[PDB]
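Among the contents of this structure: OTX015.
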Amino acid sequence: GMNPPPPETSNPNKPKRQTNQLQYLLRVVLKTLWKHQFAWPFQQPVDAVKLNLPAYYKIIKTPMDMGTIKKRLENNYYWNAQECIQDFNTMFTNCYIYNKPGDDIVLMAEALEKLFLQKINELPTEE
Ligand SMILES: Cc1sc2c(c1C)C(c1ccc(Cl)cc1)=N[C@@H](CC(=O)Nc1ccc(O)cc1)c1nnc(C)n1-2
């Protein structure tokens, strides 16, 4: 079968701006997760064809991954930090929704999410 198109990373119709919080989300949060030993499955959209997961995109109707988030941050796609935080949370949630407790991939997501939470705890005040 086929994969869906990836999430958009550009949209001139969507308002955006740079903020110090979004800068932190790139320089601290994304960078910390991206380098993690368990980042690799999350660095690009799930290829449900090569991974033989034909039900993946029946189950997961809002796909998200850090490759997409990285591009969105580098392109200044977002209006606010909450939009980006939501993309991270959607990514983790998708993994937990599709898979089962204790699966390796869930353990990987949990390791990344722990770090994500530690970093967003110190999101700076907007200025
Ligand atoms: C490139 C990607 S994306 C990505 C993965 C991979 C290999 C990995 C994944 C599984 C284990 C490890 Cl150690 C690393 C990544 N897991 C998939 C889900 C999956 O395929 N599960 C599965 C497992 C065994 C089996 O016989 C049949 C299906 C998944 N579910 N969410 C994501 C993300 N991923």
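Following the PDB entry, chain A shows residues 42-168, kept in their order. Every number for a ligand or one of its atoms is a count from 1 in the order of the listing. Only this structure's heavy atoms are used, side chains among them; waters, hydrogens and symmetry mates stay out.
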Bound partner of OTX015 (ligand 1), most contacts, as in UniProt: Bromodomain-containing protein 4
Closest protein heavy atom to atom 3 (S) of OTX015 (ligand 1), given as residue, atom name and distance to 0.1 Å: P82 O, 3.4 Å
So is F79 close enough to OTX015 (ligand 1), meaning a heavy atom under 4.0 angstrom away? no
Which UniProt domain of chain A holds most residues that touch OTX015 (ligand 1)? Bromo 1
If you measure from each heavy atom of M132 to OTX015 (ligand 1), is any distance below 4.0 Å? no
Tell me whether atom 22 (C) of OTX015 (ligand 1) lies less than 4.0 Å from at least one protein heavy-atom position. no
Identity and separation of the nearest protein heavy atom to atom 12 (C) of OTX015 (ligand 1): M149 SD, 3.8 Å
Per the deposit, which organism is listed for chain A? Homo sapiens
Does the protein put a heavy atom under 4.0 Å from atom 14 (C) of OTX015 (ligand 1)? yes
Closest to atom 18 (C) of OTX015 (ligand 1) among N140, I146, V87 (heavy-atom distance): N140
Counting heavy atoms only, which of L92, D145, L94, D144 comes nearest to atom 20 (O) of OTX015 (ligand 1)? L94
Answer yes if a protein heavy atom lies under 4.0 Å from atom 26 (O) of OTX015 (ligand 1), otherwise answer no. no
Taking heavy atoms and a cut-off of 4.0 Å, what residues surround OTX015 (ligand 1)? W81, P82, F83, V87, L92, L94, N140, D145, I146, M149
